[PDB]
*Asks:* 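I'd like to ask you about the structure that follows.
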Amino acid sequence: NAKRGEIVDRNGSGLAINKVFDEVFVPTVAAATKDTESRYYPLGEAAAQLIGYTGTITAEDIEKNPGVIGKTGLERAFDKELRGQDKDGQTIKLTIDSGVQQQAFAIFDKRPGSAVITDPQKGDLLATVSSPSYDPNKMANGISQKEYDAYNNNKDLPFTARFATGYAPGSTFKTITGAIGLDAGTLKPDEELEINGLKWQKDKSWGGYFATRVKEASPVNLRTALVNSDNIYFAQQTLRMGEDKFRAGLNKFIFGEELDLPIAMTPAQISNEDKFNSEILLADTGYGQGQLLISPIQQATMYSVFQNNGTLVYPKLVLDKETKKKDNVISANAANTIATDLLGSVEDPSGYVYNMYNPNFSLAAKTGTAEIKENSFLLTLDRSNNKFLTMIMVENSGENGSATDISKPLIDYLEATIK
Ligand SMILES: *C(=O)[C@@H](NC(=O)/C(=N\OCC)c1nsc(N)n1)[C@@H]1NC(C(=O)O)=C(Sc2nc(-c3cc[n+](C)cc3)cs2)CS1
């Protein structure tokens, strides 16, 4: 009987450890009584999808590769290192910070959504949160059929790891579209484009389709369009760029690329085919619509270029793993120009993230709402020290509110701890 290896956070705090209990004769916590060692998760629901839970080796388990075994999450993906022999399992230290993990999970409060917080210059995943969640301690050490069925019958599906699920990125994708337009030469950041009305189309060939916007602006430049959430500006800049210049910039990212993370995840895609085959879809992809499917972990990876002078860093979950990058995904001037203009989302009183304004901290942000019901997104960038990046989403934002409405405790926590 060898002890299973432990999973600890970046500071050594236990994420999946062993603890002896007095159980109520074979094993609730106090027939008979005996001191039995049990697999314990201190963060509970806050890290349930990431860490996973254990279970007994079933018949079909040993029927593949010849008392407890990882059934899901990192407890399953890291089983060979944590199981050991009968040699104690080794301890695997992650990049997670327990303080940030419990902050990101607390802001949702049963709301469906996800949140990832990274170190945009190292790739360290400080937190990967999916809501709603479940009790991993109950699932591993005996859960009743009343709480299991309560989890299965939940229409929001608490078992799914939403940080590894592909969604449409929303208007936050304009940051990439605008940066590609800058390096292409077609998008001048200071030229004033005349945009009139709340709807726009290229010509009569679009028919009953229009690019719609919210706030009416008179001449819209790059900085104003990002703060005003103007779809028409980026649509016109996408049509001006052409399918080739736009796809040339997008292909420098990690689309269709499998990552070395120990989290199962479908690679990000641009569209179903190698070509757009239309022009309304080219405009849609310009402002985050179309057939884009990027996961929160992949979204945090792509957007890391703005805090590394255009260099993309890959996400890492194990601490001692070497930092991997993809150099020159966008220019340094393009990354800095977009990151500087995004300060207006927080600092401008008319900005949509002005509720999080802090005069002693530079925070660039960008909102986004996608129609799939509608989901809300929020990307924030530490421009004071480039030490954290957030990607927060809330599913069914028409009923559960926007991501900005609940993310203020999270952002305030990071600015004081990670700084
Ligand atoms: C990018 O996200 C854009 N989104 C859309 O065009 C889509 N839906 O619009 C929802 C109304 C859409 N369909 S599919 C898909 N993938 N995306 C723009 N991004 C923004 C944003 O979050 O800033 C939205 S919502 C918005 N709401 C306000 C507002 C209005 C009034 N008041 C008092 C305050 C705030 C500004 S923007 C739409 S467009």
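Residue numbers start at 1 and run along the sequence shown. The figures that follow rest on heavy atoms only: side chains count, while hydrogens, waters and symmetry mates do not. Method of determination (from the header): X-ray crystallography, 3.0 Å. Both counts, for ligands and for their atoms, begin at 1 and track the order of listing.
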*Asks:* Report the name of the drug modeled at ligand 1.
*Replies:* ceftaroline (bound form)
*Asks:* Going by the PDB entry, what is the chain that binds ceftaroline (bound form) with the most atom pairs under 4.5 Å called?
*Replies:* penicillin-binding protein 4 (PBP4)
*Asks:* Mind checking which residue and atom the model joins ceftaroline (bound form) to with a covalent bond? None is a fine answer too.
*Replies:*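 Covalent bond to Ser171 OG.
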*Asks:* Around ceftaroline (bound form), which residues have heavy atoms within 4.0 Å?
*Replies:*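 Heavy-atom neighbours of ceftaroline (bound form): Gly170, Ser171, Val214, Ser229, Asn231, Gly288, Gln289, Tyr352, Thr367, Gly368, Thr369, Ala370, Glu371.
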